[PDB]
K.L.:
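Hi! Got a PDB file here: 4-hydroxytamoxifen bound to Estrogen receptor.
The first sequence line is chain A, the next is chain B, and the lettering continues from there. Throughout, chain A uses the PDB entry numbering, with the displayed residues spanning 1-11 in order. Throughout, chain B uses the PDB entry numbering, with the displayed residues spanning 1-11 in order. The residue numbers of chain C are those assigned by the PDB entry, with the residues present covering 305-330, 336-462, 464-528 sequentially. In chain D, numbers come from the PDB entry; the residues present are 304-460, 465-529, in order. Computed from heavy atoms alone, side chains included, the values below leave out hydrogens, waters and symmetry copies. Ligands are counted one by one from 1 in listed order, and the atoms in each one are counted from 1 as well.
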Amino acid sequence: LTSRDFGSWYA
Amino acid sequence: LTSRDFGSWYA
Amino acid sequence: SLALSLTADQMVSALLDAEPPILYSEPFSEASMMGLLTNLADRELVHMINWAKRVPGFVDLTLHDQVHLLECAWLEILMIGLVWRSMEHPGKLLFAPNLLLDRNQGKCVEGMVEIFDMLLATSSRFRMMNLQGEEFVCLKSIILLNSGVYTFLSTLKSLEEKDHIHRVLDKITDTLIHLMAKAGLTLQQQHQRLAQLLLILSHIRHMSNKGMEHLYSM
Amino acid sequence: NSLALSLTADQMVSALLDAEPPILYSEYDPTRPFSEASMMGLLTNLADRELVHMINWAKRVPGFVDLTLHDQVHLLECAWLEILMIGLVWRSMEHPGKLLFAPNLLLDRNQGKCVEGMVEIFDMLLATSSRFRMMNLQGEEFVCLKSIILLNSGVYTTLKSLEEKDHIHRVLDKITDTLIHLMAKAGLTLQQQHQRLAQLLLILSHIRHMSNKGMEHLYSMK
Ligand SMILES: CC/C(=C(\c1ccc(O)cc1)c1ccc(OCCN(C)C)cc1)c1ccccc1
Ligand SMILES: CC/C(=C(\c1ccc(O)cc1)c1ccc(OCCN(C)C)cc1)c1ccccc1
């Protein structure tokens, strides 16, 4: 689990 | 005397 | 709103027009020095209230919101003013034309040398960027509108007030970019410099917070 | 071209994403019901574990380890609470009105009242969550802001001195290029790009404010 598993990402 | 009397200004 | 229909040149003119008087101060001890600084600040606060009412957008807010913004920003505004007028004096703080102090003298007030060093560092950063007065005046208006916006407070009106402030902040951004473009900066240089300027506001916040802590302690 | 200033915008984003720290779970022992830390102990324990990961993250940020050790420690000691806080806000954005300290420790505003003085700080973090939601802050933007906080917060607090401050400012400029590129690639106009960059940077002054208030509180409860 990191920040990359939360919220919206441009890509 | 104001800030205008100090430093550099673009104009 | 007057504010949102202003061109970049007209915003600059309005902010220049609004600039307050630079005051003259009326051995040292901690007591006397804080006395001088307190007296000068209290006089500058009178002029600051009238300045703030001349910042495009500010008068469109309720009197309650105007007071709140000034209560949050006032020390930041005094400090950025100080840094600006100290820019051409490496190693010194020009509190007034007749009160020019170096850091040795900051140590008069236990706790103040920390703050004095931070101010000098900001002054040195301004100098290192060759900050111009039009940019300084924009930054000062940003502090006014921005510093207390996240601690407003429950009504539709209030949400409408925040939207307004953000709209004006966007116009000040456009104005900075305009000044920089007119000064012959590349698009790349324009965004880099916009970032450099706005990042200094975090440091001005930090200094105001340390200042407020010191004032409360005493 | 593997050094920091040589990286393209895409390569910088990619490197920063690779360096993201783990999101920790709050430690729990079902066999120790009665020594469950107070609210403050739970947050302290979490934060201390996060700080170990933070040092290693910072030292993976391209450019950071080019600084002297003294300067690295300085920047870290200035930024650490801002960095915990922005990380907290990111992961809390999908939980309006709440703070996701950990996947197994999701707290509401009123739980902030468990520590005198803490609710003020919870309120400010919640307003940040709300600001980020209203902007539709994207992950790659959050990741650039963290690095900006690391490099910026202690820079303002002698030849090589100036040399090091010069290097920091160059890396900061590269991260600005990186933010702009992300926005440009997303199809924002130049005007929308400059307006958005400024909106994001102004939130950093609020994050500074929150960290100042938190440090004050921590130092009071010594
Ligand atoms: C950094 C200089 C300074 C003040 C100052 C800054 C800029 C300026 O143009 C004039 C003064 C300062 C000192 C005292 C002060 O008291 C205000 C109390 N009034 C509002 C009742 C305000 C600013 C100060 C602030 C806090 C602690 C120690 C010193
Ligand atoms: C606001 C949440 C918080 C902390 C926190 C923030 C984000 C996060 O992911 C985890 C915790 C907090 C609490 C305690 C703390 O102390 C660490 C002590 N070490 C450094 C010795 C740090 C942050 C806190 C900070 C200051 C005062 C009271 C509470």
K.L.:
Other chains with a heavy atom closer than 4.0 Å to 4-hydroxytamoxifen (ligand 1): which ones?
P.N.:
C
K.L.:
For 4-hydroxytamoxifen (ligand 1), which residues make up the site at a heavy-atom cut-off of 4.0 Å?
P.N.:
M343(C), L346(C), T347(C), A350(C), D351(C), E353(C), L354(C), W383(C), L384(C), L387(C), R394(C), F404(C), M421(C), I424(C), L428(C), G521(C), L525(C)
K.L.:
Atom 14 (C) of 4-hydroxytamoxifen (ligand 1): which protein heavy atom is closest, and how many Å away?
P.N.:
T347(C) OG1, 3.6 Å
K.L.:
For atom 1 (C) of 4-hydroxytamoxifen (ligand 1), what's the nearest protein heavy-atom neighbour? Residue, atom name and distance, please.
P.N.:
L428(C) CD1, 3.6 Å
K.L.:
Below 3.5 angstrom, do we get any N/O pair linking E353(C) and 4-hydroxytamoxifen (ligand 1)?
P.N.:
yes
K.L.:
Regarding 4-hydroxytamoxifen (ligand 1), does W383(C) bring an N or O atom to under 3.5 Å of one of the ligand's N or O atoms?
P.N.:
no
K.L.:
Look at atom 24 (C) of 4-hydroxytamoxifen (ligand 1) and say whether a protein heavy atom is found at less than 4.0 angstrom from it.
P.N.:
no
K.L.:
Could you tell me the residue and atom name of the protein heavy atom closest to atom 12 (C) of 4-hydroxytamoxifen (ligand 1), and the distance to it rounded to 0.1 Å?
P.N.:
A350(C) CB, 4.3 Å
K.L.:
Looking only at protein heavy atoms, identify the closest one to atom 2 (C) of 4-hydroxytamoxifen (ligand 1) and say how far it is in Å.
P.N.:
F404(C) CE2, 3.6 Å
K.L.:
In chain C, which UniProt domain contributes the largest share of residues contacting 4-hydroxytamoxifen (ligand 1)?
P.N.:
NR LBD
K.L.:
Going by the PDB entry, what is the biological origin of chain C?
P.N.:
Homo sapiens
K.L.:
Where is the nearest protein heavy atom to atom 29 (C) of 4-hydroxytamoxifen (ligand 1): which residue, which atom, and how far?
P.N.:
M421(C) SD, 3.5 Å
K.L.:
Hey, quick one: which of the residues UniProt lists as binding 17beta-estradiol in chain C get a heavy atom under 4.0 Å from 4-hydroxytamoxifen (ligand 1)?
P.N.:
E353(C), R394(C)
